[PDB]
J.: 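This is the structure I have questions about; it appears just below.
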Amino acid sequence: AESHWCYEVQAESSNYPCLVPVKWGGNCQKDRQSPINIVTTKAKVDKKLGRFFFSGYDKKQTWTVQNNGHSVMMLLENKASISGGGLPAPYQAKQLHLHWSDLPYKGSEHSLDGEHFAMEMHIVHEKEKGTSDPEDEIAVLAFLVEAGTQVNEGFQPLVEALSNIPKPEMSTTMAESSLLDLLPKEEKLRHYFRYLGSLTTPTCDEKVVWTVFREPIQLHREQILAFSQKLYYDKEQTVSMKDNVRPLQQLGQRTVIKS
Ligand SMILES: CCOc1ccc2nc(S(N)(=O)=O)sc2c1
Ligand SMILES: [Zn+2]
């Protein structure tokens, strides 16, 4: 650890040295890493991957949201959970965050058939374990975001909050909203891809069971641009927050499955 981990854009936009992704420490150099490209036609249908059950997702809350220096993060604090989805237990929701760029064809961490989307949103959950860490301790639900002309009203509380947290270490409270406000219609979340991998920022622990839903969130171009326009990586506000994206990792001998 010769310097703090960063994304490539930060290294390229500032003279202050930092460890770019290919140099990350932790478990970040192991072989069951994320994100990946998904060849959709090569992922086999597994019949055990049934629908999700979301709890606390429809409930209107006033969430705390913060700039942690690499993303914007909603604190979910077990106020929501999931089950089904071929998952082996209920998982409690801890936090939601995003990765993005400022061009529509990049911004997502995962790619589907070699296409990146404009953002990727991650909802991070923790396994409810029995008595005797595992490869599926954490369940991250990934939603791809497609750029368009449709104003997503569901996202407005979040997007408005961004102006209040431009620098790292800053928190604000969002206007009343639910998690379902931010997602596609529930009936469109029956199609998803599933594989085992890692966390995409250090320490990149190989303990994530990934879900990438097929159906994108639609967000207006300028609601997407609001992220890079209002947020910074640093207190000095020299680097606008964008391209907070880990490059693609090799699948190796892992298999990807779908519903
Ligand atoms: C302090 C909590 O620790 C971490 C560390 C890395 C990390 N990556 C993700 S992501 N990008 O969803 O795969 S959630 C997460 C949480
Ligand atoms: Zn993430």
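By convention here, the first residue in the shown sequence is residue 1. Numbering of ligands and ligand atoms starts at 1, following listing order.
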J.: So out of ticlopidine, ethoxzolamide, rimantadine, dexmethylphenidate, nitroglycerin, what's the one at ligand 1?
T.: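 The correct choice is ethoxzolamide.
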J.: Which chain makes more heavy-atom contacts with ethoxzolamide (ligand 1) than any other chain, name per UniProt?
T.: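 The chief partner is Carbonic anhydrase 4.
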J.: Which residue owns the protein heavy atom closest to atom 8 (N) of ethoxzolamide (ligand 1), what's the atom, and how far is it?
T.: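 Minimum-distance protein heavy atom for atom 8 (N) of ethoxzolamide (ligand 1) reads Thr201 OG1, 3.3 Å.
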J.: To which protein heavy atom is atom 15 (C) of ethoxzolamide (ligand 1) closest, and what is the distance rounded to 0.1 Å?
T.: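 Ranked first by proximity to atom 15 (C) of ethoxzolamide (ligand 1) is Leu199 CD2, 3.7 Å.
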J.: Find all atoms of ethoxzolamide (ligand 1) within a distance of less than 4.0 Å from any non-hydrogen atom belonging to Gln95, and give their numbers and elements.
T.: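 Atoms satisfying the 4.0 Å criterion: 14 (S).
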J.: Side chain or backbone of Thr200 under 4.0 Å from ethoxzolamide (ligand 1), or both, or neither, by non-hydrogen atoms?
T.: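 Looking at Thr200 and ethoxzolamide (ligand 1), atoms from backbone and side chain both fall under 4.0 Å.
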J.: Of all the atoms in ethoxzolamide (ligand 1), which lie at a distance below 4.0 Å from a heavy atom belonging to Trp210?
T.: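 Ethoxzolamide (ligand 1) atoms under the 4.0 Å threshold to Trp210: 13 (O).
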J.: Which UniProt-listed substrate-binding residues of chain A does ethoxzolamide (ligand 1) come within less than 4.0 Å of, going by heavy atoms?
T.: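 By heavy atom, within 4.0 Å of ethoxzolamide (ligand 1), the UniProt hits are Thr200, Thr201.
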J.: Work out whether the distance between some heavy atom of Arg246 and some atom of ethoxzolamide (ligand 1) is less than 4.0 Å.
T.: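 No.
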J.: Counting from 1, what ethoxzolamide (ligand 1) atoms have a heavy atom of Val124 closer than 4.0 Å?
T.: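 Contacts of ethoxzolamide (ligand 1) toward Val124, numbered from 1: 12 (O), 14 (S).
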J.: How about atom 3 (O) of ethoxzolamide (ligand 1): does it have a protein heavy atom within less than 4.0 Å?
T.: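 Under the 4.0 Å cut-off, atom 3 (O) of ethoxzolamide (ligand 1) has no protein heavy-atom neighbours at all.
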J.: Help me out - which other ligands and ions lie under 4.0 Å from ethoxzolamide (ligand 1)?
T.: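 Within less than 4.0 Å, you get ligand 2 (zinc ion).
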J.: Determine the minimal heavy-atom distance from ethoxzolamide (ligand 1) to the UniProt active-site residues of chain A, naming the nearest residue; round to 1 Å.
T.: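 Heavy-atom minimum to the UniProt active site of chain A: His70, 7 Å.
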J.: Which Zn(2+)-contacting residues per UniProt in chain A have a heavy atom closer to ethoxzolamide (ligand 1) than 4.0 Å?
T.: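 Of the UniProt Zn(2+) binders, heavy-atom contact within 4.0 Å holds for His97, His99, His122.
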J.: I'd like to know the UniProt domain of chain A that holds most residues touching ethoxzolamide (ligand 1), can you help?
T.: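 The answer is the UniProt domain Alpha-carbonic anhydrase.
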J.: Define the binding site of ethoxzolamide (ligand 1) with a non-hydrogen cut-off of 4.0 Å.
T.: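 Going by non-hydrogen atoms, it's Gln95, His97, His99, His122, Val124, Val140, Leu199, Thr200, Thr201, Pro202, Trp210.
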